[PDB]
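Silmitasertib:Dual specificity protein kinase CLK2 complex.
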Amino acid sequence: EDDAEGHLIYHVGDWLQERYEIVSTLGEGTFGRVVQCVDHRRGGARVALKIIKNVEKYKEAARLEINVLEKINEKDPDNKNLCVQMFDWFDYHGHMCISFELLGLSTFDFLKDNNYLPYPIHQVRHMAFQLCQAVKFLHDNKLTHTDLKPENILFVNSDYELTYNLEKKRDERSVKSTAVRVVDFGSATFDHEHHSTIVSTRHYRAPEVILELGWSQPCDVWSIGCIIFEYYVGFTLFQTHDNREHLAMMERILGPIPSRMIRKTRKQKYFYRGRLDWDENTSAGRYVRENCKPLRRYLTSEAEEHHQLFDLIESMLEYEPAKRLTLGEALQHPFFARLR
Ligand SMILES: O=C(O)c1ccc2c(c1)nc(Nc1cccc(Cl)c1)c1ccncc12
């Protein structure tokens, strides 16, 4: 039973593979749905079962995802490295199904449910540290995630308490535990594997990707910089869907693009006389000037720990991928010193 768009039709209480009993729907996307199940072959443990649509290209994509997930499990037998656990996978009549550990809301959905009020700095610290650990493990194992964003980082448990923010005169939802996992390995790429030309969701996309200079592990670090900023202020760093505007936003926030990258890119339509072809005195240019500013201007406190966070973000947003902070270096940053 498939619907017109290729989704599996199910009802609460259905069993799949005489094993997975459907309890509720956790979420839905273009690729399929994730459903909460009781796994009766695992002592009744609750799992998140991803049911991919009956679509040949999605099926093929899921097989690659499964291979990355299998590599993760293999290299992490004690489940230490903060990437989601796949417990099982099967082909269910064309629908690829992947059984995952059951987690809570994504960091995006939690942020959204909290009216986009940012995470406090001590939570940003722990969340950022875990994000760096999880992706370092990937990078250590010749993998690049390529699609890191707040939607793909879930809280292990998103139970919260109401806290009052005196500065903002509002109630805030405060997650009880900041434990997180990186999910969605559908785009993850091994060093030796065919690389897609364009990767990452627009807002999180590295300049070497936009400029088609080649990409590898460092493009994840750029995304991470963008994510950490979004946790701290609550809005996306690069709110644009246009390459040239995106590049102009980078220049306003971070300063001019290095000449070597400009010289090397085939994307010469974006450039004039060796610099970005952007007129700040147009309305397009006015928009960028009014809707973003130099990176450090986003600090909400002059206290040292806030400056330390921005030191880290700034290093992660180094234009040159070979000069960019590696995650091994990031884990040693002074910003993380306050963490246990
Ligand atoms: O892809 C994975 O690796 C992946 C792995 C695990 C979960 C997931 C995606 N998505 C969840 N929720 C969710 C929320 C919104 C939309 C959609 Cl489709 C799914 C979810 C919830 C609870 N526990 C584990 C997961």
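Since chain A takes its numbers from the PDB entry, the residues it shows come out as 144-483. Atoms considered below: every heavy atom in the structure, side chains included; atoms not considered: hydrogens, waters and symmetry mates. Note that ligands are numbered from 1 as they come in the structure, with each ligand's atoms numbered from 1 the same way.
Residue contact check: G170 has heavy atoms under 4.0 Å from atoms 15 (C), 16 (C), 17 (C), 18 (Cl), 19 (C) of silmitasertib. The shortest contact between atom 20 (C) of silmitasertib and any protein heavy atom is with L297 CD1, 3.5 Å. The UniProt domain of chain A holding most contacts with silmitasertib is Protein kinase. In terms of polar-atom proximity, defined here as any N/O pair under 3.5 Å, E208 makes no such contact with silmitasertib. What sits closest to atom 18 (Cl) of silmitasertib on the protein, heavy atoms only, is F174 CZ, 3.2 Å. When non-hydrogen atoms are compared, silmitasertib lies under 4.0 Å from the backbone of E244 (N, CA, C, O) but not from its side chain.
From the protein, the heavy atom lying nearest to atom 3 (O) of silmitasertib is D327 N, 2.7 Å.
Silmitasertib has a nitrogen or oxygen under 3.5 angstrom from a nitrogen or oxygen of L246. Remark: silmitasertib atoms within the under-4.0 Å shell around heavy atoms of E171 are 16 (C), 17 (C), 18 (Cl).
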